[PDB]
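The structure appears below as structure tokens.
Chains are designated A, B, ... according to the position of each sequence line. Following the PDB entry, chain A shows residues 1-389, kept in their order. Since chain B takes its numbers from the PDB entry, the residues it shows come out as 1-389. Chain C residue numbers are taken from the PDB entry; in order, the displayed residues are 2-388. The displayed model is a subset of the deposited entry, and contacts were enumerated within the subset. Start at 1 and go down the list; that is how both ligands and their atoms are numbered. Header says: X-ray crystallography, 1.7 Å. All values below come from the heavy atoms of this structure, side chains included, with hydrogens, waters and symmetry mates left out.
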Amino acid sequence: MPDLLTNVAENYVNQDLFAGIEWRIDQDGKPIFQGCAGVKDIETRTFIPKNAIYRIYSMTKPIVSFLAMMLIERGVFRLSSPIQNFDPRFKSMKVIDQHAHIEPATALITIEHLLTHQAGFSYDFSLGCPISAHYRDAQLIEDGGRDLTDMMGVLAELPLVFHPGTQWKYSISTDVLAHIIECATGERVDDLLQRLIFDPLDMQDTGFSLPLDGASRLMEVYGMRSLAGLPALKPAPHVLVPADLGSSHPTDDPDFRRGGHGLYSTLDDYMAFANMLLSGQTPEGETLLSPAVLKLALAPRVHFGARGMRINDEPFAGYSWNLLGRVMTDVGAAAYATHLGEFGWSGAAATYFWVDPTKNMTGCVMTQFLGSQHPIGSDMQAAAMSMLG
Amino acid sequence: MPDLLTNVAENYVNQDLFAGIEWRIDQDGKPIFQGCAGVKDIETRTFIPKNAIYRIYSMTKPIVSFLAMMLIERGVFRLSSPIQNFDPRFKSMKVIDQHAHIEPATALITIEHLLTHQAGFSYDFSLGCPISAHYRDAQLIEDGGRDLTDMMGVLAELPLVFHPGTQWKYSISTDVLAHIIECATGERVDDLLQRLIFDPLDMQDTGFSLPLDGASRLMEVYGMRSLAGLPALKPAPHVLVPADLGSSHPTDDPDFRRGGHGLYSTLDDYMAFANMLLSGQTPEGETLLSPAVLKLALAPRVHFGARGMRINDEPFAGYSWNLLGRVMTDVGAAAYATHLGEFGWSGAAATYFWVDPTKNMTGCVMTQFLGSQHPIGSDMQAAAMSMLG
Amino acid sequence: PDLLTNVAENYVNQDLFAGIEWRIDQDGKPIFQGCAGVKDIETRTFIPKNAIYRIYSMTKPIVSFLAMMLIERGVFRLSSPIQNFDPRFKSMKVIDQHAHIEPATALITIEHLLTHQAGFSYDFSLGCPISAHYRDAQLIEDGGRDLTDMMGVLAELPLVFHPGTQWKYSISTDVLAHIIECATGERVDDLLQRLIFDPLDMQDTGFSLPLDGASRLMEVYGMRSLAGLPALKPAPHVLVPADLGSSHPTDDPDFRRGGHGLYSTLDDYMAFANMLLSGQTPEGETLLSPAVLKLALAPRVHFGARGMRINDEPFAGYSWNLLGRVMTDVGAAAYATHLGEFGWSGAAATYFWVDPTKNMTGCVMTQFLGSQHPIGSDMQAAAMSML
Ligand SMILES: C[C@H](C(=O)O)c1cccc(C(=O)c2ccccc2)c1
Ligand SMILES: C[C@H](C(=O)O)c1cccc(C(=O)c2ccccc2)c1
Ligand SMILES: C[C@H](C(=O)O)c1cccc(C(=O)c2ccccc2)c1
């Protein structure tokens, strides 16, 4: 019953493992626990500003996935839609394996494959993956200044690493999804996110560029995990040194937009999104997604074998995959406190959130550390679970 | 919360993909959404008439299957009854495989096998099926003027494509069921349907021939999918050209009757049948099928492997098979909005219906297009699901 | 008809190879031989007398034979763990295509090196979980790095399977050359000179050019590049001179490798191939006993349905012995051969074979990297058909 959340965060700051941390836990749509620890940057020790801004990386994916579900509801496409219907550059895909064998794909990539990371795409930083070296040579993630549409043209020429539908591998497929959304609608994904999600939820600080007053609110990002170079064979030491993002994550590029990363947000903005996922509605009662399609989106859809869900061989114990991210399907296999049906996702800079329908609960932890050797997100979830009976 | 049903239907009509569409959604036995779009025929653009008549094709199957369950309840036969007990022409069946090997069947075909499409029968238009070419040579479906009893004599001489009970393949077995009903009762299947189902439910426009005033109400049927010829290796283009049914679907043949297709019906008539499936009762409370046997009929009975339920390799994602048609058994595998336990079926001319017990809901979409490249039925179900919370 | 000349002249006439030499011996004496084309298409110089070729992986049967001689002499044995000779190869790790890394559950042995079952990879192995890290380390590209130092960099990288459990064509012959140096205290080039080249009078074979060698070196063509990533589809087969960077020096007195790097001539390599019919020099001096030669030639790795493959190219009907390929099923073979035919080939399209049933040897010398045409096998097939 003590405040384990503050204890976790203060200990991380006091041990020089994270510069600054913010968190909020809501229940029934209202804050029940919240706090902050540390500073905006350790170089000057400026205090965490009001409505501090974070690079949320793959916490972009549940947002872009939710947009796709809205467009499915509105009839733009369906889960079974072949993506080549919208961009013929994804016609005639090939599949490569670890033995240098290449053959034509025997199934078409669908919207559902993109949402479930079963399309056969890879990721630039996937260690040991048969094709990731070719992704890195193409600078798919590193070259943030390249237009989404043009990056997709380069990706489309590369082989998949399995036949669509047959395996699971966490991937660039959410970026493909953002692009296919643009093809299917004739609109830009950032404009669609603004009009259909951010504005109805009053997420005024969320987007692919900083707000006008955003520079002074941007949290510094730390860590040794590097985008420029080969995936490491052992984790870099966990040290608070400012991270060099190269040109991968611009702050003021009006055309920068992605599906798998790239949003800036705030704790308050992301909690508005997370709370919405408990119902599909805005706080006033506008429906962003009907209950039936929200249930379709949250139902466990990819189930895993004995070794479970893994990303670069890191486990997500007891989790299955739904159309928006992870979902807890076996508390008896879980590695940290949770409840059946808890869902959410996380980002490369150690941001983390969850939604727990059994407790009408949402939680989010914001920090900026790339390559963390400490699972701060899960530690904060566990603390909150222990505090909510 | 907008009227997604009207949007789906109007868009289909405005894009010249369907000539005319009617739909109705009922909840608690009363209409909650309904509409119509387009025309009876694009040649004259005559408006959709009152109580327009549709060829419902395989939406005949749930009706004939329901009749069989009524006869099981009344003791005429049982699920385990070997059909050869009623027609010895189905004694001594043979089984053929894709390697030209023929051997005697090692199990007897039962009523249950017929209801579950596990008897080993095929269908004339089954692409790649070892025996479908012999079905087509025999004109089993094409020759609508042939008496059901005589068509069955020709079918009975052909081999099955697997041993009864061992596999699932959507088939002519509902026509065998209609015939075996005639053998077991000494009555005609159309008279039994009239007396036991249509008349109690006041389905006055449903039958294997047009009503006296029916000609002016019959919707035109469109599409390129052809009965006369080999199953196509790629889908014919989706174009609104009137379809030539040959002699396969007579309008005024007093002896035409089948189990798997051939009924004419109306939106209002079919909704009466669908609403009945929520309880087994007529609106006044007469019992057509007891709750226990209705539960037996709706329980998931055939379960599918990783590739799922497929018909000509088209998927029915998340569906299992019960004694009347499809039933949703995993929302997390579903490809469009649904709820656990949703059941129903559909027909070759794109008619579609569903029953959703979790919402006390029924829905039906009526149109006439053979070989549709657009899944209008599932699109309308998804719209209705999104509108009903 | 002279099928050999017809194959070679067609290859030259279609602008697919600049110059080709071949010789086929039976009972130690030439029965077929010829040349076609030129040393270089730029100046159209004729193929010189005693023309010199980069033989690339035809280095491997020579270094493997040396290892068998050292086994016979007791320096080490097939079962020797290589970590006994270089402890940098203690505590190896294994990586897989799912980013999982774990300790190796078996020690790498001499036999593993000779059979490419040690778990090593190659820089240009397309799709291989670890080849990107080989290329980042420039293991093959950096020819000026001493063998010993290159091995230190390699030893820190994970294997791609547990030693002994799979087959993958690999840098393991370079590891073998290095372990030979550790075990003997001598350099591999000096050992090759004393034990093989001098007894066989292979005066033009070595890791550097002879003093008069520059004018005899054949030009090398092709677009397959060591620099960048392995290509997802073959580069066009066009006669453009190849850029070897610093991978294959001509006059570095310390350059030595196990898997590539020798210069040789047609005559020199035929002396080596003819020796493999007996283990003896033409004068009758024994280089390797009959018993150990049999041990070296016996089929040792057998392959599944996919068969033996290197970057997914098949070697149909071939198994692997301690020196290279060996034909074990003529009914699976894709070109004329006999049971027991053995040999190997190199990246610049050089090829040789030994056919014990016919007391026959053959070698085709050319210089083309990334060939889209199997000139070696076409010439073997032509020679087989002319018997
Ligand atoms: C998967 C990972 C995440 O969001 O978890 C992700 C997605 C997209 C981009 C990036 C990066 O920019 C990055 C930065 C430093 C090192 C490696 C990658 C990381
Ligand atoms: C399976 C299919 C259905 O009801 O789904 C069906 C059942 C019975 C008859 C027919 C046809 O007449 C037909 C018409 C045109 C092309 C192919 C078949 C079609
Ligand atoms: C496997 C291959 C062979 O001998 O078959 C080989 C072994 C060693 C070195 C090289 C190269 O230098 C090279 C040159 C151009 C392209 C790629 C590699 C090639």
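Present at ligand 3 is the drug dexketoprofen.
Looking only at contacts, the largest set of contacts to dexketoprofen (ligand 3) comes from what the PDB entry names Est-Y29. Counting only heavy atoms under 4.0 Å, the other chains near dexketoprofen (ligand 3) are C. The backbone and the side chain of C:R225 each have at least one atom closer than 4.0 Å to an atom of dexketoprofen (ligand 3) (non-hydrogen atoms only). For atom 6 (C) of dexketoprofen (ligand 3), the nearest protein heavy atom (residue, atom name, distance) is C:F125 CZ, 3.5 Å. At least one N/O-N/O distance between C:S58 and dexketoprofen (ligand 3) falls below 3.5 Å.
Heavy-atom contacts of C:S226 reach the following atoms of dexketoprofen (ligand 3): 16 (C) (cutoff under 4.0 Å).
Here is the list of dexketoprofen (ligand 3) atoms found below 4.0 Å of a heavy atom in C:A348: 2 (C), 3 (C), 4 (O), 5 (O), 6 (C), 19 (C). Atom 13 (C) of dexketoprofen (ligand 3) has C:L227 CG, 3.5 Å as its closest protein atom, hydrogens excluded (heavy atom only). The nearest protein atom to atom 12 (O) of dexketoprofen (ligand 3), hydrogens excluded, is given as C:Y57 CE2, 3.3 Å; this is a heavy-atom distance. Heavy-atom contacts of dexketoprofen (ligand 3) within 4.0 Å involve C:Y57, C:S58, C:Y123, C:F125, C:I141, C:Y170, C:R225, C:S226, C:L227, C:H261, C:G347, C:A348, C:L370.
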